[PDB]
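Note: structure shows tacrolimus engaged with Peptidyl-prolyl cis-trans isomerase.
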Number of protein chains: 2
Amino acid sequence: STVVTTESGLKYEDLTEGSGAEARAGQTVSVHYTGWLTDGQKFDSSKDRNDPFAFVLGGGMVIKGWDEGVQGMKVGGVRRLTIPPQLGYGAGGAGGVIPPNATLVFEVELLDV
Amino acid sequence: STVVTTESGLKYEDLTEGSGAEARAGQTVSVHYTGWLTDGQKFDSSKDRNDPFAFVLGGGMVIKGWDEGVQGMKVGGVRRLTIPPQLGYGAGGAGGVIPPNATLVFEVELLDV
Ligand SMILES: C=CC[C@@H]1/C=C(\C)C[C@H](C)C[C@H](OC)[C@H]2O[C@@](O)(C(=O)C(=O)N3CCCC[C@H]3C(=O)O[C@H](/C(C)=C/[C@@H]3CC[C@@H](O)[C@H](OC)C3)[C@H](C)[C@@H](O)CC1=O)[C@H](C)C[C@@H]2OC
Ligand SMILES: C=CC[C@@H]1/C=C(\C)C[C@H](C)C[C@H](OC)[C@H]2O[C@@](O)(C(=O)C(=O)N3CCCC[C@H]3C(=O)O[C@H](/C(C)=C/[C@@H]3CC[C@@H](O)[C@H](OC)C3)[C@H](C)[C@@H](O)CC1=O)[C@H](C)C[C@@H]2OC
Ligand SMILES: [Ca+2]
Ligand SMILES: [Ca+2]
């Protein structure tokens, strides 16, 4: 599989190509995800909480790297997103668990569109 | 299991009580469903299309019997809704497949909240 670096500095890699319907901005999508810091510390997993995550793709409610990175996935696909801090939580960080200026690694599995 | 007739004339029956989180108005929920006319003709199944259905519970986008009937389900639950036409498609019917003045029977399985 390839690593694509977009104009924003986002990087993504389709670990598994989906065979089902394509995700586009406007759709309400459902995913499983895991999130890690670059040192390999896991900060979240929806699979561990047994709770698929739904959001409006392109809705401006999730971090920029997600609204961008999830577009183009197909249902069944697993995509790895490497999100620079300016497309994540920036200088501010989050919840005392994501530090300032953190690059974030997510693996995202698309369950439904 | 019991059959509850609500103030609106909706009837519902929890065929299977869910063990997980409760559905409330405001949440984006995901369900599988099958829909039948009272004569036993199936008009739709999201399971047959392999496509869970997401909607905003209480969002005024689905027929009245759904916005009402899905509230109170728990994740894992299967509820049967018997929807009189005034809480469904009324005198107008739908898609040439649901006739005028049709009572509708849905079985709804809650997958996520
Ligand atoms: C309002 C009540 C809580 C409400 C919570 C939910 C619906 C439950 C939902 C599963 C979130 C998780 O709850 C277990 C948990 O997910 C993380 O662990 C995580 O993996 C993460 O990073 N995710 C979640 C998956 C999508 C990407 C990213 C996100 O974009 O999340 C969004 C996020 C935090 C955006 C910030 C918002 C503030 C801005 O200032 C900032 O702009 C820089 C961007 C989340 C979805 C918000 O839209 C909505 C909420 O927050 C966060 C590390 C902390 C977060 O808990 C808060
Ligand atoms: C806009 C583009 C299409 C858009 C379609 C989708 C998102 C795909 C989604 C799976 C719908 C199904 O597509 C395969 C299909 O589901 C049925 O088969 C069905 O089982 C049904 O009855 N459902 C769907 C499940 C929730 C309850 C009910 C409904 O409330 O559905 C809603 C409905 C029709 C409401 C009418 C709207 C008009 C009002 O005038 C009327 O007020 C009386 C109420 C649907 C979800 C609308 O909100 C959105 C849409 O329609 C209909 C028999 C026909 C419908 O296809 C159209
Ligand atoms: Ca969920
Ligand atoms: Ca769907």
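Convention: sequence-line order gives letters A, B, ...; per-chain numbering from 1. Just so you know, ligand 1 is whichever comes first in the structure, and atom 1 is the first atom listed for that ligand. We use all heavy atoms of the structure for the numbers below, so side chains are in, but hydrogens, waters and symmetry mates are not. Looking at the header, which is where the method is noted, we find X-ray crystallography, 2.0 Å.
- Mapped onto the model, all copies of tacrolimus cover ligands 1 and 2.
- Under a 4.0 Å heavy-atom cut-off, the other chains found next to tacrolimus (ligand 1) are A.
- Distances from atom 43 (C) of tacrolimus (ligand 1) to the protein include at least one heavy-atom value under 4.0 Å.
- Tacrolimus (ligand 1) is never approached by A:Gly90 to a heavy-atom distance shorter than 4.0 Å.
- When hydrogens are left out, the protein atom nearest atom 45 (C) of tacrolimus (ligand 1) is A:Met61 O, 4.5 Å; that is the closest non-hydrogen contact.
- Between the choices A:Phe106, A:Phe53, A:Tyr89, the shortest heavy-atom distance to atom 29 (C) of tacrolimus (ligand 1) belongs to A:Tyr89.
- Any N or O atom pair closer than 3.5 Å counts here, and A:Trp66 shares no such pair with tacrolimus (ligand 1).
- For atom 18 (O) of tacrolimus (ligand 1), the nearest protein heavy atom lies closer than 4.0 Å.
- The A:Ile98 neighbourhood of tacrolimus (ligand 1) comprises atoms 53 (C), with distances under 4.0 Å to a heavy atom of that residue.
- Nearest protein heavy-atom contact of atom 11 (C) of tacrolimus (ligand 1) is A:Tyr33 OH, 4.5 Å.
- Per-atom contact check: atom 21 (C) of tacrolimus (ligand 1) touches the protein, criterion being a heavy-atom distance below 4.0 Å.
- In this structure, atom 7 (C) of tacrolimus (ligand 1) has its sub-4.0 angstrom surroundings free of protein heavy atoms.
- Distance check for atom 26 (C) of tacrolimus (ligand 1): a protein heavy atom is found below 4.0 Å.
- Distance screen at 4.0 Å: atom 49 (C) of tacrolimus (ligand 1) has no protein heavy-atom neighbour inside the cut-off.
- Contact atoms of tacrolimus (ligand 1) toward A:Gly88: 43 (C) (distance under 4.0 Å to a heavy atom of the residue).
- Only side-chain heavy atoms of A:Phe43 come within less than 4.0 Å of tacrolimus (ligand 1); its backbone N, CA, C and O stay farther off.
- Contacts with tacrolimus (ligand 1) closer than 4.0 Å are made by heavy atoms of both the backbone and the side chain of A:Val62.
- The site surrounding tacrolimus (ligand 1), defined by heavy atoms under 4.0 Å, contains A:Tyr33, A:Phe43, A:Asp44, A:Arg49, A:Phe53, A:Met61, A:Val62, A:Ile63, A:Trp66, A:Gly88, A:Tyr89, A:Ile98, A:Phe106.
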